[PDB]
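Here is the structure we will look at.
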Amino acid sequence: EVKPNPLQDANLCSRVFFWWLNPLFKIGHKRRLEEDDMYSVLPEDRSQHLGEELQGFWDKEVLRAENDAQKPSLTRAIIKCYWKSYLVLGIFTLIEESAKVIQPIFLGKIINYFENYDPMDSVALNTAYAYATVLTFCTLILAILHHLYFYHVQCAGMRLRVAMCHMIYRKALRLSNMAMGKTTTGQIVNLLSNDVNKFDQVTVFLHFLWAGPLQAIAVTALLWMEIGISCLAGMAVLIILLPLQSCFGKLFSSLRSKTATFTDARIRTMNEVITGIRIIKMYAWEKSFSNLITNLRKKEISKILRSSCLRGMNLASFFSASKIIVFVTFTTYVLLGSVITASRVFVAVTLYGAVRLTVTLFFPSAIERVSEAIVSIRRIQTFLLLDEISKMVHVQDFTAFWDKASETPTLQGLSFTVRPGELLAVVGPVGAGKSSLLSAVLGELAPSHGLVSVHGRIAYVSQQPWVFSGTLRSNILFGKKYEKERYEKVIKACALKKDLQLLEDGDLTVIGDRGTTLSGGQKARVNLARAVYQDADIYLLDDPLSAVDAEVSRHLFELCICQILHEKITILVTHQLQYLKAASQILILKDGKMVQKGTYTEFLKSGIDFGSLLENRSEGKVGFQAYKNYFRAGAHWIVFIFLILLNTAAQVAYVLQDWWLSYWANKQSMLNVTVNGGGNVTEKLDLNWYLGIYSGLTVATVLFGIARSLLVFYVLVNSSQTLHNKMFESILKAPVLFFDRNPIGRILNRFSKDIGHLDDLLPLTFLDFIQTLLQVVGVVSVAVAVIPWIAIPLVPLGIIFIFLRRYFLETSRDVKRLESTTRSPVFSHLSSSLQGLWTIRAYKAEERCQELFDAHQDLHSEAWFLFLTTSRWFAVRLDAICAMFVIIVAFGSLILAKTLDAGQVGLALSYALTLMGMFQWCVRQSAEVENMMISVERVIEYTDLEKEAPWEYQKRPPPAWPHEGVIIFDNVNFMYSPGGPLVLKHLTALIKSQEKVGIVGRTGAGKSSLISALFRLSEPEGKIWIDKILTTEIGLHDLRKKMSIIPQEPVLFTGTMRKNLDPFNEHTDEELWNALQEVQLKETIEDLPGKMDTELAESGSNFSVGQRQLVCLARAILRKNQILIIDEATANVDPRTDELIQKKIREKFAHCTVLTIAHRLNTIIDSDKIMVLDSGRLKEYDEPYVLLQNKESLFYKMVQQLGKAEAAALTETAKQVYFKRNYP
Ligand SMILES: CCCCC[C@H](O)/C=C\[C@H]1[C@H](O)CC(=O)[C@@H]1CCCCCCC(=O)O
């Protein structure tokens, strides 16, 4: 019982006020919260019991539905299981709705007291005090019960999600062969990522579904009995607000998809240009790339601006709907010929605002959440309805089918009998049927016809390794007893001493899955150890030495097989004669059947030959520099001043609307009391003038809101576009060191996540936070204007709020980080367990994996529950502060009743009763903005990235230079970092004139050094001369574009063949035709009609290495180059095309300087001079005579180590080329 759980012995007062989160917050504020400081879940929150009971209900419902010939459902089971928990919360929901509906009644009863107020009447004062006390009490119980019910619903949804994921895992752990072949890991991944997550959100409004219409009808009847028939216009407007918002959301989703497809295209293009950034940087093709990038960016930003304007119009309509409804209803009421009373007006506006908020917040969210939950439940149901699964070996023609589509038998002839001590070898080509046997013996294969007889425990060894998360010792011993001799034999017999002397703490270390720290060799070692640790009788393994060195695998065989498995039943699958020495029996598979079984001797003497067969985020608040840069990048100071003035004018108009409304109410009350208070002459107030002023103020505030929203959206979109353009221009001119240090995945993440955030979530959240803050500021200003005494308690309340917000965020950040870092291991372990379902079903040890998944889900639910409790405590505190402020305002207004009219107190109370919920929404929006500002910070930091030398200086190069292309070596080297490593030193030689020259280099001892020094991507150490002219005057484009690239990554470009060969196509088509007919390129493209503008894909979907190298040589000869480089061309090439392109490049490029890099030793013979590089130093750069005459040179030893026949061939070719070169 480690990590005891709080709130288990707490009373009702501490549970209803969340007073048990004091020690956790006190620990999280002083230091960092780890995984050991968390609080365990409740006993009823365990995954095991919930999963078991929900699975029981599911199977009971399935049986009840199948017994009566109907299809089973899971929603009915969920209802029958959680109705006891839902009906209890329904009563609290109904009580809360009734309280929220009756609150405006007491509000109006309080406001009506000031109309007929009498300072000499005690009954009215007592009634007003009682009504104020009742209002305070109902507000308090509302603010409490709302968060209580929210926390209860969140806990119920979390438990439901845990139970559902447990059932899904339990059902996936029992899948059959067809189910395993019909489902992919990513399917279960997105299932457990979306379906169980929607359950935590659908339950929030599952009760609002029915709470909506009842509250709406109640408020409608109240407004009716209050004012009359003038509610019809408001109800009609509220009704027609739904289809307009529906079409607006549909158009917004369409525009969002239209921008998302372009965003995906741009992300793919960016990844393609970044993964091969050296290719574009050398060819100087940045111009056309930037052109197409800005073209796609504009094509996307058009729809982005359209969607932003649509969202701004929708937000302005949602914000002004309350004012429009109020104005329309009041115009309809005045047109009837009645009087205006402050209490009824305030009740009407409050009820209308509440109904609008409800209808436009809960109802559509409820509908969409219920639809998503129903879809998820149906998906889970159709996923769970799949087909589940049901001392010597001896079989009699067990004929089973693996491909049920074709009823033909796939493999026959099963007759095997082995004795204790035999070693059996299996050899076969691809698709021979070894996996069929390994699955039939283990029972994975469905029995159709035959016999399967095995005795004792049996284990399975997959061809690919498998492991779960945790330690290494218990991983190897698999939860069994840590026995001495067994474990010691396995560890000394698995070549683990080197691993342990390279490991941290032996087998007691925490090692993750997915190979984050373990290579293939040691992984095969540990899986072989976990397989042979059980010491079963029959052992079936499938080549566990595929990813390990040969001699060590043979040694491991000699230590394991004849020592531990020498008395066990072993049927091994071999590859070739390297493992046919200790094998007593051998079985071969030919087109699904065998011919005979016997000793390796009987099979060898028969004449059978197998040759035909063969991260440091800124902790705290973001600095103001990022905000200033983000505001100045897309807008100027005048634009910001205009936006601030527009927002201020909009807020002022929104305030003066209600101000003039209350003023007109007070004027009408005064007119009534003067015409009824002993007055004969009547003066009816001019209704047209007041109606005109009201309509003018309404249209003014509506236009102001629309304009400020449009301006905010435009400014934010322009700022995002400018930031993206600046980042692109800074990365395009950045050196290759930035791409070498930061991997491609980091750049992809920074280009995807930050861009998507700034495009979708930043503008809407920012404008919502700004609008809510402006509303709160206006409410506070109205409160201080009505009562000047509210400004006194504003300082302590504000200080307490700021301190509480900081104290809560300091812990919420760490809690969210822990939740994010604990959510992914669950899915990782799920994928790892699903990848090795064969070994799990074979070992019959599903209980261990089930318990591991249950513990992972328990930890995840624990972190989620801690986060929910922290958020609920913060919300309770915020609502309590707001309620206390409302109580203080109401008391201060009721005390000074002699100097306050009815309209003033009514407006003050109506404005104070709107802070509840709105305040916490503003706080959460500010928190989300501060959390998302890290993307803007990273974008600005990437924009402020240092640039290298300019592309071209003021000195224009001549149209003939370079003419010769002579390079002079004068102490030139390369630097990987300023003041870092250095291998090359004192490199000096002399090159020939327009004739072949060669550079030799061995693997691992200067390869990367030579590629860096010869290509010269980064600024190298030393002074470089091209034809004895200084190099520090022009960038990389005009100088390092004359080389031909022969890397492991061929020419990959998407689009028309023009942009692939020459994106600027300065020359006409005739020379291009001639060059492609010279390089034999047309005969391959004759197939498709896209001779010139065909669509090509990346990563070589339909392209081979051959035609790619051919078109590369074609582009090289099109560039009209005088320097040519070839290296490491014998990696992924076919011999035919290899010799073809070799002969072609030999006969063609024979008129100028050819800088051939010598990776092999046969292609260098056609050169003239070679300098031998060793440890970053050359010996001599002369003809091969000095290296073939002197015997102590290293060239001689390479000649021997490359083979005697190859030695004779190379020396023969050398003598030949020397004889044709000296005396022609
Ligand atoms: C009087 C309402 C009490 C609850 C808080 C409510 O959210 C009010 C605030 C509005 C804000 O003024 C505009 C807006 O969008 C808020 C509502 C947004 C959604 C609130 C529910 C939570 C959710 O949507 O996940």
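All residue numbers given for chain A refer to the PDB entry; the residues shown span 7-396, 408-631, 689-1298 in order. Only this structure's heavy atoms are used, side chains among them; waters, hydrogens and symmetry mates stay out. Determination method: electron microscopy, 3.0 Å. Atoms within a ligand are numbered from 1 in the order they appear, just like the ligands themselves.
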Wondering which of prostaglandin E1, CGS-27023A, PHA-793887 shows up at ligand 1 - can you check? prostaglandin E1
Can you help me out? I need the name, per the PDB entry, of the chain with the largest number of contacts to prostaglandin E1 (ligand 1). ATP-binding cassette sub-family C member 4
4.0 Å heavy-atom contacts with prostaglandin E1 (ligand 1): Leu363, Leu367, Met990, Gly991, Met992, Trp995
Can you help me out: which of the UniProt transmembrane segments of chain A, N terminus first, have a heavy atom less than 4.0 Å from prostaglandin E1 (ligand 1)? 6, 13
What organism is listed under source for chain A in the PDB header? Homo sapiens
Does prostaglandin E1 (ligand 1) reach any of the residues UniProt lists as binding ATP in chain A within 4.0 Å (heavy atoms), and which are they? none
